[PDB]
Q: 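The structure is given below, and queries will be raised subsequently.
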Amino acid sequence: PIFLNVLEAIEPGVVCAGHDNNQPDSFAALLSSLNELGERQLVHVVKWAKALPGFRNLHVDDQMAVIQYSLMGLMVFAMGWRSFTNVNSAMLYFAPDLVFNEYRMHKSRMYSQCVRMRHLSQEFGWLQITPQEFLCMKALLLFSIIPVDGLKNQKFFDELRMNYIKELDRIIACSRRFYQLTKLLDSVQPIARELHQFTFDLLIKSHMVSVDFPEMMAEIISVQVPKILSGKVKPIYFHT
Amino acid sequence: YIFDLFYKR
Ligand SMILES: C[C@](O)(CS(=O)(=O)c1ccc(F)cc1)C(=O)Nc1ccc(C#N)c(C(F)(F)F)c1
C-alpha cells in the first residue's frame, strides 16, 4: 500500500485563519480572514504537492500553474471533508478559529456557494467516503484543470493524471462506486468557479469595501484566475 | 511573480 502510505504521510494538519472571534461578524472581517486562510492553505498545498509521487516530473512552470488553478477546488474539497468529520456537516469548518454557521454564511455574502459546499460536505457521509478514497480524490483534484492549449510538458502530465486514476481504481477494489466518486469530483468544479468569480470581483471592489488581500493572493487572483474565468484554463470533467 | 519566488526557494 505504498501510494496510500504517502498520501497520508504528507497530509497537511490543522491550519488556522488567525480570526478575531470577538469581533462582531462583519463582511470585511470575515473575508479579510478567509483571504489570510487562503494564503496559509496555499503554503501548505505547495509543500504537499511537492512531496507528491511523480509531481516533480512536471516541468516547473506546470507545477506552479497546476497548483494555482486547482487551489480553490482543493481548498473546497478538503474543507467539505473537514466539515464532515469534525462537525458532521452541521456547519462549514474552514478552520478551527473560523467555522461558518447560517448567519455567517449570509454575512459573507456567499450564501448560495456555501449551501453548495455544505451539501458536498454531506455527500462524504451519504456516500460513506473512506478516508483513503478522499485522500486519493484530493490528489486527483490537483490534476483536474489545465489551460486548453496545454501545459509545457502535457504528456508527463497526462501520465501522472492517468496514474492517479489507476490508484483510485485500486482504492475502489465496484464499477458503480467509480460512477459516483467521479460525479462527486465534478461537483467541486462549478463551486470552485463560483468562488473564483466572487473572489475576483471582490478584489476589484476591495478598496471600496475595506477587505484585505495578502499580496501573493491578489497577484494570483489578477493573473491566474482571469484565465480560468476567460476560458483559457478549463477543468477536466469526467461527465457531461 | 511573488508566487514564483516563493515557489522556488
Ligand atoms: C476568498 C478567498 O480568500 C480567496 S483566496 O483564498 O485568496 C484564493 C485566491 C485565489 C485562488 F485561486 C484561490 C483562493 C477564499 O476563497 N478563501 C478560502 C479559504 C479557505 C477555504 C477553505 N477551506 C476556502 C474554501 F475552499 F472552502 F472555499 C476558501
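Quick note on labels: first sequence line is chain A, next is B, and so on, each numbered from 1. Indexing begins at 1, ligand by ligand and atom by atom, following the structure's order.
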Q: What drug from the list HCV-796, d4T-TP, R-bicalutamide, ACHN-975 is seen at ligand 1?
A: R-bicalutamide
Q: Can you help me out? I need the name, per UniProt, of the chain with the largest number of contacts to R-bicalutamide.
A: Androgen receptor
Q: Judged by heavy atoms, which other chains are less than 4.0 Å from R-bicalutamide?
A: A
Q: What residues end up in the site of R-bicalutamide at 4.0 Å, going by heavy-atom distances?
A: A/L34, A/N35, A/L37, A/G38, A/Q41, A/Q68, A/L71, A/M72, A/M75, A/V76, A/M79, A/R82, A/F94, A/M117, A/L195, A/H196, A/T199, A/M217, A/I221, A/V225
Q: Find the UniProt domain of chain A that dominates the interface with R-bicalutamide.
A: NR LBD
Q: Could you check which UniProt 17beta-hydroxy-5alpha-androstan-3-one-binding residues of chain A come within less than 4.0 Å of R-bicalutamide, heavy atoms only?
A: A/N35, A/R82, A/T199
